[PDB]
Amino acid sequence: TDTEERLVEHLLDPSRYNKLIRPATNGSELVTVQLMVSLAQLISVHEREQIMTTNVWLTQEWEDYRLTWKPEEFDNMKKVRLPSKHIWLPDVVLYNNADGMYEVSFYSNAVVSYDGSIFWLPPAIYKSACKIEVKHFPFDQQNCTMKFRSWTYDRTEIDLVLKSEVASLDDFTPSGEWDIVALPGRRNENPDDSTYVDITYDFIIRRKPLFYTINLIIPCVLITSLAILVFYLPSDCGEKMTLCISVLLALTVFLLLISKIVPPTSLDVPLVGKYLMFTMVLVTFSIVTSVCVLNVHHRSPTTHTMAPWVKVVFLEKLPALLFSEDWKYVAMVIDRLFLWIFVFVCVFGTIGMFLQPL
Amino acid sequence: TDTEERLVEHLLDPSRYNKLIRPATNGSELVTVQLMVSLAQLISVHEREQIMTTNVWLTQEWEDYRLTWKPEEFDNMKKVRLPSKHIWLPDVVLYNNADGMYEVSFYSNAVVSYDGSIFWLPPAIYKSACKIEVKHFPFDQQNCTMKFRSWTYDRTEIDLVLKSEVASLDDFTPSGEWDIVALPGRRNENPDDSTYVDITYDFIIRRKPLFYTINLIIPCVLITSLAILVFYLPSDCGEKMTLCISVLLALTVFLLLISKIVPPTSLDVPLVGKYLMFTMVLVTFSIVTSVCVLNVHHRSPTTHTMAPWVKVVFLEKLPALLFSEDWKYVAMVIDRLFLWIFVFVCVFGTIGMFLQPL
Amino acid sequence: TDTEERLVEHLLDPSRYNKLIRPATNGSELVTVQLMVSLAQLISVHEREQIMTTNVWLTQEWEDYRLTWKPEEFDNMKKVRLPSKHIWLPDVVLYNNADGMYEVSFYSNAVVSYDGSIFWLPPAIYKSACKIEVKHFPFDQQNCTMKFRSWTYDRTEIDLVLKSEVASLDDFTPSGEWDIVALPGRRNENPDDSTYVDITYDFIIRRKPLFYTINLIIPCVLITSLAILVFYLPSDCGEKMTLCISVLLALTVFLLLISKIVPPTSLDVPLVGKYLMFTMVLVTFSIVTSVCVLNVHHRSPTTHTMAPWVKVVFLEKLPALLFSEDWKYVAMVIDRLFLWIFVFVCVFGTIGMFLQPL
Amino acid sequence: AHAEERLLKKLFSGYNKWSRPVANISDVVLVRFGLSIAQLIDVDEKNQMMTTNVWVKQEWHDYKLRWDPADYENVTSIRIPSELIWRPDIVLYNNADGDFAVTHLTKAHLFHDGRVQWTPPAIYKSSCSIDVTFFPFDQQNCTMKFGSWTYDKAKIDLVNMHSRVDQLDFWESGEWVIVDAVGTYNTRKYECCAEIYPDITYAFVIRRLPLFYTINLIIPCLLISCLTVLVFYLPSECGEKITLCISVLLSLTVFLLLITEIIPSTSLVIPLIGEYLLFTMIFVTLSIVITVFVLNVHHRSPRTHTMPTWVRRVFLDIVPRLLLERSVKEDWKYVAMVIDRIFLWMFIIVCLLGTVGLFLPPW
Amino acid sequence: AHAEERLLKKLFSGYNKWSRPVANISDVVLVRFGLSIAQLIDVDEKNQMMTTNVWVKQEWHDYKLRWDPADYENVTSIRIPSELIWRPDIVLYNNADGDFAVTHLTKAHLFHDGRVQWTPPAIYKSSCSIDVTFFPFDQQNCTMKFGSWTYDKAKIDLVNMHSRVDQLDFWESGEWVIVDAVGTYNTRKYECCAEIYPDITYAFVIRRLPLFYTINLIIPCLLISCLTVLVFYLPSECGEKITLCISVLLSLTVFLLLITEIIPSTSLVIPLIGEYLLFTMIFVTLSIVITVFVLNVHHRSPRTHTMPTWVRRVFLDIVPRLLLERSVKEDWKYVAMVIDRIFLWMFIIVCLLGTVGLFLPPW
Ligand SMILES: *[C@@H]1O[C@H](CO)[C@@H](O)[C@H](O)[C@H]1NC(C)=O
Ligand SMILES: *[C@@H]1O[C@H](CO)[C@@H](O)[C@H](O)[C@H]1NC(C)=O
Ligand SMILES: *[C@@H]1O[C@H](CO)[C@@H](O)[C@H](O)[C@H]1NC(C)=O
Ligand SMILES: *[C@@H]1O[C@H](CO)[C@@H](O)[C@H](O)[C@H]1NC(C)=O
Ligand SMILES: *[C@@H]1O[C@H](CO)[C@@H](O)[C@H](O)[C@H]1NC(C)=O
Ligand SMILES: CN1CCC[C@H]1c1cccnc1
Ligand SMILES: CN1CCC[C@H]1c1cccnc1
Ligand code: NA
């Protein structure tokens with residue numbers, strides 16, 4: 001401690017150390033840095049905003065010839081902590097920032113060993129941007145990335161290495177909406193204007209759907225059924241309109257509710273929304289036929305009642321379907337005609353819908 | 001000015017002055033600091049979030065033996081400005097912070113007199129937290145506080161004094177929602193783990209109700225009247241349901257609208273909400289009786305029509321109130337029975353409601 | 001440049017210059033500062049929040065005897081740029097801040113001439129607070145201010161001057177909601193606890209109403225007309241209730257929509273809101289009469305049908321207006337009576353409404 | 001006073017801020033923890049995040065910061081800016097959307113024996129899992145992990161000055177009341193790293209005062225969920241049979257939807273009232289389907305099957321079974337009335353069974 | 001390495017950061033601009049504000065920062081913190097709600113000849129006027145004015161390294177696709193000030209991929225705005241004649257209102273679909289007024305004028321003209337039916353004329 005005061009003085013007294021300059025023995029020789037990343041918890045996956053908020057410790061490892069010492073020389077010190085701001089460190093940073101703080105959040109002290117090896121792990125919270133593939137809502141797997149790279153040095157003066165392919169889940173609070181499915185990490189190499197090294201971690205997270213399965217899917221599933229039911233209701237109630245309008249707006253409401261949860265992207269259409277929209281189309285065309293029925297129904301004086309049209313509906317269609325009261329009948333039949341159509345189309349439509357995810 | 005350059009040098013040349021150390025003549029002797037607070041404008045009273053945002057100049061006064069000089073000695077200087085960061089100042093700070101900046105925000109220079117007295121007034125904006133007593137909305141008086149205290153020194157090395165009980169409204173933009181009713185300030189003394197001094201300013205602000213009197217009260221007052229009217233309407237329209245449902249949801253809408261303006265506290269119930277809720281209860285129980293009426297009305301075949309029940313309603317209640325057509329009558333009467341009840345209960349209820357604030 | 005390196009050294013080498021001290025020749029003599037303010041664009045006029053966000057260059061001018069030099073002495077230099085943080089500058093600042101950054105945003109270099117005159121203009125964005133007079137929505141002229149004042153020096157050691165009454169619109173992106181009508185600036189003098197100088201700029205901005213003229217006024221104008229129409233509809237539809245309720249809620253919706261756009265102040269009532277509210281009152285009182293009509297209509301057995309009341313309506317009012325079927329008639333007449341009233345009152349009301357802005 | 005300056009001169013003549021300050025190399029610093037909560041502000045359920053205002057009472061010692069009070073006119077406890085003195089790196093493991101620790105760095109007392117007392121304030125945004133079941137009568141266990149970062153147990157060990165969290169200067173005003181606030185001392189190996197690293201986990205148990213949400217959420221949706229069965233009793237021929245249904249379903253969905261935008265959208269547990277309002281909706285939608293099936297067969301009599309074994313099932317068998325042109329049309333008038341009362345029995349029976357399942361926990 | 005430090009010693013022995021670094025006093029610094037967009041994030045239409053992530057490639061030179069590589073073991077390009085070196089004050093004229101420029105101040109390369117390359121990142125909040133007409137298929141010209149501040153053309157002049165903005169490291173993922181990104185070099189006198197001050201205005205042309213708003217906004221309001229004419233065909237005696245009208249008008253206003261809370265509330269141009277949904281509403285409201293005028297005269301026959309020249313106008317003249325108790329009541333039954341069909345013709349005719357006026361631009 002009193003000797004620590006001496007040891008620190010030697011190593012950081014600027015006469016020996018210039019932080020501004022990277023330490024390697026030869027300028028020919030390159031510095032290699034080891035990078036492993038630890039989840040403490042996955043906080044937020046904002047789909048609308050296309051943003052992953054995680055808190056992360058990134059273990060950074062490298063060696064400095066400048067910071068060696070003999071343990072015998074100073075009370076047998078093996079390891080000493082030093083303020084990261086005063087020593088040199090590879091400016092490793094996210095290149096994936098939405099509204100980003102590019103560097104880490106705490107600037108922890110660095111643990112330095114007597115041989116000049118450095119162990120650093122600062123905590124940070126990170127706001128990574130990933131394209132959100134919204135189709136099979138809410139059972140969706142998001143491959144979300146985050147690029148780490150030295151924003152100062154290229155693949156000449158610094159090289160990057162993984163201590164592990166999978167990211168460390170060591171101290172992870174499991175409780176998210178999301179399940180961690182896989183967490184691999186790759187090292188990438190490509191030449192731009194200058195050669196660079198990319199370290200990319202892939203967070204593959206499966207949403208636990210139970211919430212939106214309840215409070216989104218079930219209600220709109222409930223209300224979509226109502227659509228076909230509208231026909232059965234007889235004109236003479238008057239309520240054929242009420243029930244028909246009520247269903248449409250409920251569906252638009254749920255479509256819009258989904259719209260403001262989903263990201264406003266045009267990459268693809270949310271399967272749920274596509275279904276909710278197509279049934280919505282079917283109910284709007286239901287609405288027009290329901291009106292067409294009612295005008296056929298409610299007036300007999302000075303009416304055409306053209307026999308080949310009354311014969312087709314009363315005499316020809318009625319057994320085809322089953323196997324001024326006549327005016328009421330023709331209404332009943334032109335109704336039940338479309339009902340048979342809608343029941344087939346609806347089930348055929350959901351069969352077509354579910355065929356795609358299967 | 002050229003002499004100012006000399007004077008400042010003497011006073012701030014660290015050999016004479018150590019900012020890090022409080023100036024008092026004896027360590028026995030205590031420093032007294034005078035605190036008066038100036039409103040420039042009261043900005044926001046967020047009731048939901050229980051937060052007062054004010055911008056404030058707080059006049060801090062004390063004396064330093066270190067910073068004296070003779071005017072004859074230096075071109076008859078009476079007063080000199082000094083950068084607050086370089087001189088010592090009592091670390092006086094808010095202890096009332098929601099999302100708080102504890103100290104002032106922008107650190108003005110301090111005016112120093114030749115006798116060593118210091119005059120400081122920095123501007124800051126402050127986000128004070130106060131419990132919001134929401135009952136008589138919107139005619140409510142909010143006692144909102146803010147504690148000032150030295151976060152460093154206790155009642156040993158520093159003592160606090162008011163230059164005034166009332167806060168200075170000297171340069172105040174009057175235009176708020178709110179009226180400043182009173183603005184007193186108290187000095188408090190109590191021992192916690194260590195003895196301390198509290199300066200607390202009480203902002204008593206009366207809401208100018210005209211806005212919420214218009215766009216909240218008047219409409220729900222308008223719609224609450226609708227509640228009793230539902231009965232008068234005869235069954236044979238069919239519209240007894242429409243009008244009855246329309247009133248309930250309108251009231252729930254306004255109840256919920258109020259809910260998200262009021263703070264989500266359980267300290268007390270907003271009088272308006274309590275009223276809006278109790279009438280809402282009355283309309284929901286109106287809704288069930290309106291249905292009960294209609295089933296009595298619309299069917300005569302194979303009906304009980306038990307004479308002692310028809311006699312009680314047609315023959316006995318009808319004059320008591322005034323002083324299949326019979327089926328329609330019994331409906332009309334069982335209606336007008338509850339109407340008489342509701343008119344009494346509603347007025348009796350509002351009389352009970354208004355009895356409390358009176 | 002190499003000589004610039006010399007010149008800068010002389011002027012900023014602290015032995016010559018103490019930034020902490022204002023430069024004037026005599027302490028008797030006062031420093032005058034010239035202030036002109038330039039709009040680059042008017043960004044936001046948040047009426048709800050009573051806030052103007054502008055970006056602004058404020059040209060600050062003064063002279064320092066400390067910063068003179070002979071051009072012959074140093075390669076005929078006329079003008080040199082210096083970092084504002086290193087030289088002394090009058091701490092000129094907004095005293096009008098909502099959530100304010102009191103000083104400027106960039107701290108630009110200052111242009112200094114060989115005679116010791118200084119030219120400074122930093123960019124900033126400013127969040128000025130102004131009371132918003134909301135009456136003639138949306139054709140409203142908002143006089144919005146911003147106070148500039150030295151937060152350190154009073155009218156003793158510093159004096160403030162305008163280079164122009166009107167603010168400079170030199171590089172202004174015109175495209176706002178708002179039109180710049182006038183932009184004067186005044187110099188104010190009054191004694192508080194100490195004498196001070198106020199520079200206040202008045203932004204007078206006229207809202208281009210076309211947007212709210214379309215998407216606010218036109219729809220509520222459309223729906224307000226519906227109010228009187230409710231009567232014409234005959235009881236026997238049953239739909240006299242539906243249409244009557246539909247109009248009220250639509251109006252309350254629009255009132256509430258306006259309420260959350262307008263600032264929640266009680267200084268005055270938005271003319272639109274006042275109109276929308278008063279018609280709303282008229283429709284709520286329409287709603288009760290529509291019910292009163294229907295009970296008169298739908299029952300003849302064991303009814304009073306008191307002749308002097310049937311005579312007044314069928315026999316006396318009907319020609320006065322024009323110049324169980326009788327029961328239906330009395331309904332039709334007591335209806336058309338109020339219809340004549342409402343058409344007059346509505347037009348008389350809008351004539352009274354529009355009389356005030358005219 | 002002059003002495004006070006001169007004391008600072010001697011302290012910071014040759015004092016290293018970056019030194020782990022103990023006499024012996026092995027010997028440890030004892031750092032003491034007193035957690036003083038200033039106010040509980042936001043308990044944002046949807047984000048699973050708690051915003052607290054906290055003082056972190058930290059006490060430790062320096063052999064290098066000792067002096068003789070008699071040597072300096074009986075000055076014994078001098079206050080010195082923390083930034084200059086060595087300071088333990090106490091941090092929040094559990095932080096979200098905030099700086100980890102000690103942003104303000106306020107001044108600390110130094111006693112003449114060299115012990116140092118530091119009580120700086122700070123705003124912490126703890127991230128606790130929110131169990132929503134018995135809304136709004138819910139108790140939440142929210143924790144705050146305070147530990148060192150770079151120093152292991154070998155070099156820094158933490159001590160509880162109290163097991164309970166200090167609530168003496170607490171801001172009572174909230175929709176919550178503190179049930180109990182608990183400090184637990186733990187030690188662990190973290191897998192990244194070799195050594196043992198201690199922590200203090202501070203568990204706030206908080207209960208929501210429900211009386212607010214009781215009024216504005218629970219009472220109206222009970223008032224509303226009443227009307228589900230009431231639809232059946234309304235006569236078909238009024239024409240309002242469905243107008244009541246649609247209003248119930250939609251009004252319910254509004255309350256479910258409003259509730260869901262307030263719940264944390266987790267799949268751990270189903271929010272109890274949400275599950276209730278869900279099953280209500282399922283019954284209502286079912287009630288709409290049947291009430292339309294009531295109206296369809298009800299009106300028309302010409303060219304109708306009217307099979308006797310079914311009309312005898314309804315008028316002759318079931319009518320007493322549940323109790324214990326006109327000829328055909330009114331046959332239908334009753335048949336619908338019976339299909340009606342049968343389901344009114346169904347719903348009013350099952351409704352109470354559902355709510356008995358809702359009150360099984362308080363039972 | 002030792003050489004690398006010693007190089008820094010010699011560079012910053014007597015180096016002035018505040019000196020405008022050129023050999024001659026008159027001679028200028030050439031500053032080169034390469035704009036590398038990292039990602040386009042928010043294009044908030046309502047605020048007229050664009051949030052971009054940008055690298056600002058700045059190249060210039062110092063005669064004072066030269067050295068001999070052979071003198072120092074062939075070190076030729078050393079990276080030095082920008083804060084110490086003189087640096088041009090490149091700023092955004094067009095900033096809203098943000099710092100003007102170069103907040104991060106990352107490190108810059110120095111070549112042995114004294115040229116310096118600086119590519120720092122930063123987040124800019126550009127403020128572009130948003131022209132909403134052909135929503136959502138709209139092309140927006142959003143600009144970012146990069147210029148010096150204190151230095152005129154005499155002392156600083158800017159050069160385009162590309163006319164096009166560098167998109168090589170761009171984050172493709174958005175609801176937008178870049179149509180073309182253009183760099184324009186301009187010079188101007190600004191009225192405050194004496195001299196000529198150059199700038200580079202970078203115009204991003206962006207097109208919204210409409211497929212999102214096409215689904216959730218345009219399709220439903222077309223589905224809804226269909227039903228405006230449909231009201232007329234419904235028979236009066238059903239009693240639902242207005243219930244359809246009110247639903248259409250209100251549902252339309254919801255979509256107009258929803259659209260308006262997304263548009264920038266400007267009065268430059270009328271948002272085309274907004275103008276459409278407005279005129280639809282005007283027709284619907286008109287449709288409600290007439291639809292009530294239909295029902296009033298329709299029902300009652302006692303004590304009615306029933307002037308022949310009008311009933312002959314309707315039953316005898318117009319009925320074929322458009323085609324190419326009971327006695328009076330049914331006279332009205334037809335008369336309303338004709339006033340009906342007449343307006344159904346009116347609306348279905350004008351509707352298509354309105355939509356032809358909507359598609360006049362693609363025409
Ligand atoms: C995840 O994302 C990137 C880009 O989509 C892809 O290249 C990579 O292979 C994916 N990783 C895995 C394990 O799915
Ligand atoms: C106002 O507030 C404080 C704390 O709420 C209370 O102690 C004080 O008595 C109150 N004073 C007035 C005048 O209401
Ligand atoms: C503008 O505003 C202030 C206060 O509203 C007022 O004193 C001033 O006279 C006004 N100026 C003009 C030109 O209207
Ligand atoms: C609180 O929570 C923690 C972890 O969530 C748990 O370990 C602890 O036992 C709980 N304590 C109490 C008093 O509920
Ligand atoms: C874009 O706008 C700028 C000015 O805002 C204009 O000068 C430039 O020509 C425009 N470019 C295109 C491609 O529209
Ligand atoms: C205690 N920290 C939490 C996990 C890693 C560990 C640690 C150890 C050494 C230096 N910094 C951090
Ligand atoms: C180019 N800047 C923008 C407008 C003013 C001009 C300028 C001139 C001199 C010093 N600073 C700024
Ligand atoms: Na409705």
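To find a chain, count down the sequence lines: A is the first, B the second, and so on, and within it residues start at 1. Start at 1 and go down the list; that is how both ligands and their atoms are numbered. Computation of the quantities below employed the complete heavy-atom set of this structure, encompassing side-chain atoms and omitting hydrogens, waters and symmetry-equivalent molecules.
Sitting at ligand 7 is the drug (S)-(-)-nicotine.
Of the chains in this structure, the chief binding partner of (S)-(-)-nicotine (ligand 7) is, as the PDB entry puts it, Neuronal acetylcholine receptor subunit alpha-4.
Other chains with any heavy atom closer than 4.0 Å to (S)-(-)-nicotine (ligand 7): C, E. Transmembrane segments of chain E, in UniProt's order from the N terminus, whose heavy atoms approach (S)-(-)-nicotine (ligand 7) to under 4.0 Å: none.
For chain C, the PDB entry gives the name Neuronal acetylcholine receptor subunit beta-2.
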